Amino acid sequence: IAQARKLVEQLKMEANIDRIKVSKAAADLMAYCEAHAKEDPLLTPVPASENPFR
Amino acid sequence: XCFXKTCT
Amino acid sequence: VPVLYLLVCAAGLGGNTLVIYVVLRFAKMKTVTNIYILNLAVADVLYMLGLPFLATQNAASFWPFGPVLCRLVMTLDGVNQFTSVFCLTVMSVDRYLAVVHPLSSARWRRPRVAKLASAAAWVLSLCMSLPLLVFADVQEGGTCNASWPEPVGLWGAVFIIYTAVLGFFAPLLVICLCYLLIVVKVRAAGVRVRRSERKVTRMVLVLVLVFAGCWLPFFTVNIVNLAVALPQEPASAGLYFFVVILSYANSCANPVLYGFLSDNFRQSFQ
Amino acid sequence: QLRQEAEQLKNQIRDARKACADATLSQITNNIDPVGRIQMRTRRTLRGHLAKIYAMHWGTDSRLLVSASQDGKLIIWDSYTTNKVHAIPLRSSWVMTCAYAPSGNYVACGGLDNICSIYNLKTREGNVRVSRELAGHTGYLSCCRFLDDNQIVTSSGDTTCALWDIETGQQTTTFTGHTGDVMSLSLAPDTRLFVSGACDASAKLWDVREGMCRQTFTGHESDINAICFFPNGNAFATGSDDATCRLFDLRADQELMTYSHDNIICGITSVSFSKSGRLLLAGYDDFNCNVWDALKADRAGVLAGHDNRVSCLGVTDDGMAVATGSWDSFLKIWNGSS
Amino acid sequence: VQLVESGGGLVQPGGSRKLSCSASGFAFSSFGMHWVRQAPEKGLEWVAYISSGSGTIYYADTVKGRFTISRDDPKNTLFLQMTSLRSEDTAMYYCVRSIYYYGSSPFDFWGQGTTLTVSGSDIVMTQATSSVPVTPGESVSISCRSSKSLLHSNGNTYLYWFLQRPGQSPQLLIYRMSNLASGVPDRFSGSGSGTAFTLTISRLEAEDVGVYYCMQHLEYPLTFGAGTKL
Amino acid sequence: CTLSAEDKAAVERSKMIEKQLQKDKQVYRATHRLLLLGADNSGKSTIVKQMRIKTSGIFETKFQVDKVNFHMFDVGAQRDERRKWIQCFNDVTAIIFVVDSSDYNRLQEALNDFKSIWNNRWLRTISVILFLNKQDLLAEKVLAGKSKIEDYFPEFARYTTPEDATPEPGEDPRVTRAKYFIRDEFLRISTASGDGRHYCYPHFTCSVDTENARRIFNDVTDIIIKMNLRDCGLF
């Protein structure tokens, strides 16, 4: 009897969060990826002189 | 007569 | 005559190439066992090139070319063949140590050791074949054969005996005891605890029989000839031809047995 | 009676999610330029272990690292010069996890025995010695991560997690609710939230101070092994045994993309991200590692071969090096620059 | 962590003597040793060295052929032998320890000495004496110079400082020109350049009075400066 | 070279550190490991205690025969499922399995468990050794009445007389010879799925018996011998 009561309480607690549309969310990743493209060594090779691992 | 291999 | 000579080369050429090109791509060299098979194939394939020149020199025709090539072909022909006996000999001791003394021989199983052994083995063949060029040149007068620079009576007997002693006997003595000890050992372990001992006996018997049969005749023929002179008659040349043709089947028997009858090589062959 | 109410509530919850599917993210990125091919090369190799290896970790300074083996030994290496610093024996052989402290003063490890232990390095006398032991669990451990100096989190095969305090060595909070074995967990940039997954093919979210769950996901249909976060902190990805990977969001609360190919049949073991989040990496059982495009969902390279199974991966903070391990007792490092 | 030595006495020209030292309280096998001596009214001098594994030995020019050193691990004891003494060997001796690895601090400890009676690069500093009030606002600084560049391609610079008080052994303050010891207060500060170095002290207190020294550790032949009063 | 004075000290330190590992490996390569399994009904604990002469999770035991060291392990508190942690034993020497032949009603579960263990993806190259126990109760119940096997396991009535190779190590009535039937029901399953990569060894045991240690040694030696022949490539 207690298990069902606990499940009902959990379900009641879960159901009151705010939401947004996916169209808005889709742009944040694009902006973040565009912002930090100039300091990615793996994406853009670097001159041999400054490589510690040469 | 012969000496070695295939001489004869 | 030439038809017989074509077939041996045609059969021999491809077998070594198959295994030698398979080894590099799939069975990368990372263990001691994989090194001696490398040298064996190279030795056999390099030896297999000899017959056509001798075919040209007796196939109803006599020696073209001059002295420049006579004293170049013979040296390599002689040097090539001797490596095989030592290459075969080493593996027996290797496998004996691999099964009779596991822990006590851990030091000598490191990869570095095999390279030194191969390099050392590769030298004595050149070290021993020099007399064939330095003491007496290959005088082309005798149809590219050899004629001694000093009284033949003494040196002719010296050459054959000293070559034959090292060529045949000692490795035959070496191999047998090593191959016997493993079979001696197996039974005691087997008894105390069906299918295996039969296979072991079969394998060992087959590899000893082939090895001995592929090579027995030639030295006996040469010794008998040295003991007493032979008459002049067409059967004499036929005897020599038959005695010589047989020797080349060993290089075609060798690659298949050691190569394709092992389970691990078969599994890695895919 | 109660079953009907539960079904009603489940249907009511399901109803809302249909309206949020405003658009498909595939259409809004078809015009983006591709990335291209990538090649990398090996730089250094490290020998030494007598047996298979399980786990490894990086340091904050990006120069030091630690590795573990199932032969009962730990080694610390210098990356630039390839020199060994310290070696420590153990009392137990079955070990699975290790971690590094942020300040570089403390280290911990664990194994089948339900204890994640700690060690000290700095003393007037020159020797490494043990400090404390924590017990109380009834199942084999999976991971114990540090966080701050005086706090630590741990997970166990049994479906519960707890928090500890080193000074008094007693627990303070416990989390329950799962019905299957727990495998992995990951922390967030700001240390207030974390996630974990279990064999029930479901995930959850937790709060540290409060101690109550908030959200759940159920996508996969098979076992789940790996999970990782995104630099922004609002997204994460998971891997499964059925040879599939999926992505999720926290504010939208629904899946976005899937990556798969028809030629692969084996599973996945590890996953990690890069600094800018444009690239994704994963390993497989078949002795191979692959790389993926996070925005276009296309493969773009391979990382050669190994002689046995591959286990672990890691990226440094500055993003200039990456290392890999396997069961063949050897380690390698890649730079990949031209 | 304590160290004690014994020996000394009175000898006549053409004699021989031996010295010994004992240690306790730490792992002995992981540390090297060194020797140092001092004159009645002069500076310090370096003598010898021995490594942990007994694989390297080094000597000075003046005593290259006469003096010998040995180690014994199981007994945790050290020995030194001398022969063919001369009139210019009246000095007091000291012992030091060292260890090396990434981020390590070589010199940390010093001990006492015993008395005996018989009957490359240059480093430069001046300003032998100076006046100092006791007011807290008072601040002082010192300088020194060298004759060669100490910078290496790696990027590290080697320079050290020491302080001595009446009737007591010296002590270590700073290493590698930018690092402070564990227990030293934070008032002290230091800086330098390619061939010029400086020290600064603020918020003076009574205990600070003492004498100071410096040393270089680039090429094995080691040299010391003469200290300055305050 | 361009090295400074201080680096050579670190190089020497690493060189000195490197040595101990070879001796450690040399010591390591001279030991064997075994794994043990069974059920509650079996006398596993009794066997362990006789052979010797809170939430630990694992237990260990040691013994020596003919100046040879052997190690044995057992598991403690764990949940029912065995799917996940089984992987760790990929490279162990051999496994041991114990069974109660007296009880008739609970025989099918043992067969099911044996079939389950035999065909797992991670154990294709590991052999198994099998022991049977508690013969005295079997004999006593067979001599008396009020029990029969035909009720539980049909086809025993058409079963033949004991095979021609069955020996007679003791003077007992022919009815007592029912052990061979059970021995053939397990070997039947083990017969198939084999292609020479793993083998099985059955044995009989009695209550509180002795000379149990000698038995494992011969099988261990034979198994060790068999591997080297494949290693070289001569078999």
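Letters go in sequence order (proteins before strands), and every chain restarts at 1. The figures here come from the full heavy-atom set of this structure, side chains too, leaving out hydrogens, waters and symmetry mates. Structure determined by electron microscopy, 2.9 Å. Non-standard residues are represented by the parent amino acid or X, and atoms in excess of the parent are not counted as contacts.
Looking at chain B, the drug there is octreotide. The largest share of close contacts with octreotide comes from the chain named in UniProt as Somatostatin receptor type 5.
Other chains within heavy-atom reach of octreotide, distance under 4.5 Å: C. Segment by segment, following UniProt's transmembrane list for chain C from the N terminus, the ones with a heavy atom under 4.5 Å from octreotide are 2, 3, 5, 6, 7.
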